[PDB]
Amino acid sequence: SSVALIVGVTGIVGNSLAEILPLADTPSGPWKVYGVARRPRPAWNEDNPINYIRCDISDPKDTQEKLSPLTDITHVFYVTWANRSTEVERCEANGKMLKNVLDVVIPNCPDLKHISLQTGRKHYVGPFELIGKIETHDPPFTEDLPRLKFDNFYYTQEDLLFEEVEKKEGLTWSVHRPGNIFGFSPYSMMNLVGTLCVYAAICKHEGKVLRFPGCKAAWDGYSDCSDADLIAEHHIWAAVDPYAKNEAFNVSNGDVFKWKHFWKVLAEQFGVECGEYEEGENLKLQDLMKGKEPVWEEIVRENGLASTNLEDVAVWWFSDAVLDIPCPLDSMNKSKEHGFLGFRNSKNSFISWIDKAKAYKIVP
Ligand SMILES: NC(=O)c1ccc[n+]([C@@H]2O[C@H](COP(=O)([O-])OP(=O)(O)OC[C@H]3O[C@@H](n4cnc5c(N)ncnc54)[C@H](O)[C@@H]3O)[C@@H](O)[C@H]2O)c1
Ligand SMILES: CC(=O)[C@H]1CC[C@H]2[C@@H]3CCC4=CC(=O)CC[C@]4(C)[C@H]3CC[C@]12C
């Protein structure tokens, strides 16, 4: 039987992996699940049969401390990251985080079969600062085209992973590059759905219109996204399928959409009146929601929500970052040609993840 390690279990995809791995019908199930994180176990992670572990993977001592006793690990799911001012600092911080984990697991786990590493569609468009500013390859992005000639901590992590798996015969790897992730995790540093839900709940409480905080290309152009549960199934599939070993795969829901339509979905789900894209405005939730923490705590008590601080639940800079730029699509041909036929209805996923945030009483 298989034993999984989820590096970043309170994450947006780690929480999906924590919910799906111990399922009875999950491939290679039953699954024993260790889940690594720093914070204490929150309230939306409590009803899963997961063996929680508190550890800062940037500290090589706590990583040797907490992970050396773990003997039975068969598969590893690295699904965390760290943000810094420049991309060079992200290469250093995230390379060391992945290295500390692998230095421990590979020798101290005799049955280690697979390591799956989650990167992203930034692999193709470049780091945050350079996005829209550098000549990329032409979309839709395919997995095995040359890397951009710029720094990128996805590149740094991939090279590291390739060297580390060599230290064990029959050790095998996979990397998964999702688009914007539709999922549920209040602790996530990039939870787009949760951020858009809070902005809709604040527009509702104030009687103001849900205005689009982005550009016309995100409003009127084609967009796609990656469902968190679908990314989890994508990890598990590559972890257990030997015809997907040592390969990089995109993972997106399989359909496109326009935030023009999704806005009315978001508007319908919170009772707000849908606003349209206003030209020559360039509205930023980071600016628009400045100093609105009292309004949030007013919403929380008036709707019996869970005790949440606006900063944790809404990452305005991320939301602004995604809606201010056009959406270049990726291709799911390589995954489908290797036998992964999973998919999601992006509209239904959006509603589904909105309703999960409502269900856990994070938004009204
Ligand atoms: N969030 C997104 O929308 C998004 C979309 C595309 C690709 N990505 C890529 O997915 C990968 C993972 O992102 P995410 O968004 O799933 O993560 P996340 O922010 O949603 O959650 C990360 C998880 O790891 C844990 N954690 C963070 N710091 C830690 C540390 N120092 N030590 C141990 N654990 C730690 C957190 O507690 C959290 O549980 C990243 O490389 C990201 O580039 C994310
Ligand atoms: C709808 C949209 O604007 C999305 C589609 C492709 C997405 C970008 C490319 C993929 C992506 C992944 C990340 O983890 C950081 C933000 C970026 C860089 C995304 C920001 C928002 C974009 C541009």
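If you read the sequence from its start, that first residue is 1, and numbering goes on from there. Counting starts at 1 for both ligands and their atoms, in listed order. Only heavy atoms go into these numbers, but all of them, side chains included; no hydrogens, no water, no symmetry mates.
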> Which of the drugs progesterone, ethinylestradiol, dotinurad is observed at ligand 2?
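The one at ligand 2 is progesterone.
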> If you rank chains by how many heavy-atom contacts each makes with progesterone (ligand 2), which has the most, and what name does the PDB entry give it?
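The largest share of contacts goes to Progesterone 5-beta-reductase.
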> What does the PDB entry report as the organism for chain A?
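It's listed in the entry as Plantago major.
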> Okay, heavy atoms under 4.0 Å: who's in the binding site of progesterone (ligand 2)?
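Using heavy atoms under 4.0 Å, it comprises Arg121, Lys122, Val125, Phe128, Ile131, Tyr154, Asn180, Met190, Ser223, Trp259, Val322, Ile325, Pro326, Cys327, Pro328.
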